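Going by the PDB entry, the residues shown for chain A are 671-843, 850-919, listed in order. We count ligands from 1, going down the list as the structure has it; atoms in each ligand are counted the same way. Heavy-atom basis, side chains included; hydrogens, waters and symmetry copies ignored.
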Amino acid sequence: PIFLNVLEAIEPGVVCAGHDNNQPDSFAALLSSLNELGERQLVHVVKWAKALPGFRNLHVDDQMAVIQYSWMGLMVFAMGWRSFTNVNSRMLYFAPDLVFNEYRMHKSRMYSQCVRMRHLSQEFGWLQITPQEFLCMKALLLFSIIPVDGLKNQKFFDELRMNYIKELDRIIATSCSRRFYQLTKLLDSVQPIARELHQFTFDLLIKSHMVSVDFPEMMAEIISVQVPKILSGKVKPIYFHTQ
Ligand SMILES: C[C@]12CCC(=O)C[C@@H]1CC[C@@H]1[C@@H]2CC[C@]2(C)[C@@H](O)CC[C@@H]12
């Protein structure tokens, strides 16, 4: 299980948000902490991605683009997994020091988005997703959103995505057909959630001053340069099933 060995080996560890749980729950503090959590996770996602089998075959500009477009989905998926394995989807486990209960989902002004995320988390249980399945699915998420006009070296990307899809089917192995169908359906469901968060973070960045919400360096640049390309339709997610 060479492929599975690698994915398990490179899987990022625990990342705290640095939230002061002693201070009252407020939109400002919660979102600021989420943004800081995102900055920290971004660092881990970059190291993880670059250590993925074949990732370095991609053109260098494509390497960063793929990461900059797929980070929302990747982080939402892993967070849903953490919520499943830690609190059985009861709450959203963003970090050990930033767990969202219903009250926080409301104060964050992202209640509808959190609902979709908790639903995603519940799916891990309803589908009995295995740790091994989780890992391959997460890897595939990195190769699930690109420029409609293509990447610098689209062929390298296509071969890479193909091989990761084949690995998912592999660990899966009538029954297998049902399983693959279900996991690809689950993967597709991540995209709508990611787009809602893209829209939300974009709007929040634009009015960040007014509501006292702080965005760290990497987050601000990516959200003002990359995210708009997605919201304007220049960059679109890759779906398995027709939407
Ligand atoms: C990706 C993060 C942080 C990592 C995670 O566990 C998932 C979570 C999903 C909501 C994101 C948050 C990062 C900061 C964002 C983008 C806020 O600006 C609004 C939505 C937040």
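- Of all chains here, the one making more contacts with ligand 1 than any other appears in UniProt as Androgen receptor.
- The drug observed at ligand 1 carries the PDB name dihydrotestosterone.
- When each atom of dihydrotestosterone is checked for a heavy atom of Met749 under 4.0 Å away, the hits are 6 (O).
- Among protein heavy atoms, the minimum distance from atom 16 (C) of dihydrotestosterone is reached at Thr877 OG1, 3.2 Å.
- What sits closest to atom 9 (C) of dihydrotestosterone on the protein, heavy atoms only, is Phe764 CE2, 3.9 Å.
- Of the residues of chain A in contact with dihydrotestosterone, the majority fall within UniProt domain NR LBD.
- Set against the non-hydrogen atoms of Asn705, the atoms of dihydrotestosterone under 4.0 Å away are 14 (C), 15 (C), 17 (C), 18 (O).
- According to the deposit, the organism of chain A is Homo sapiens.
- Among all non-hydrogen protein atoms, the one lying nearest atom 2 (C) of dihydrotestosterone is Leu704 O, 4.6 Å.
- Atom 14 (C) of dihydrotestosterone is flagged as protein-proximal [any protein heavy atom, distance under 4.0 Å].
- Taking every non-hydrogen atom of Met742 and a distance limit under 4.0 Å, the qualifying atoms of dihydrotestosterone come out as 16 (C).
- Of all the atoms in dihydrotestosterone, the ones that sit under 4.0 Å from a non-hydrogen atom of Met780 are 20 (C).
- Annotation for dihydrotestosterone: atoms under 4.0 Å from non-hydrogen atoms of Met895 are 13 (C), 14 (C).
- For a threshold of 3.5 Å applied to N or O pairs, the pair formed by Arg752 and dihydrotestosterone contains at least one separation below that value.
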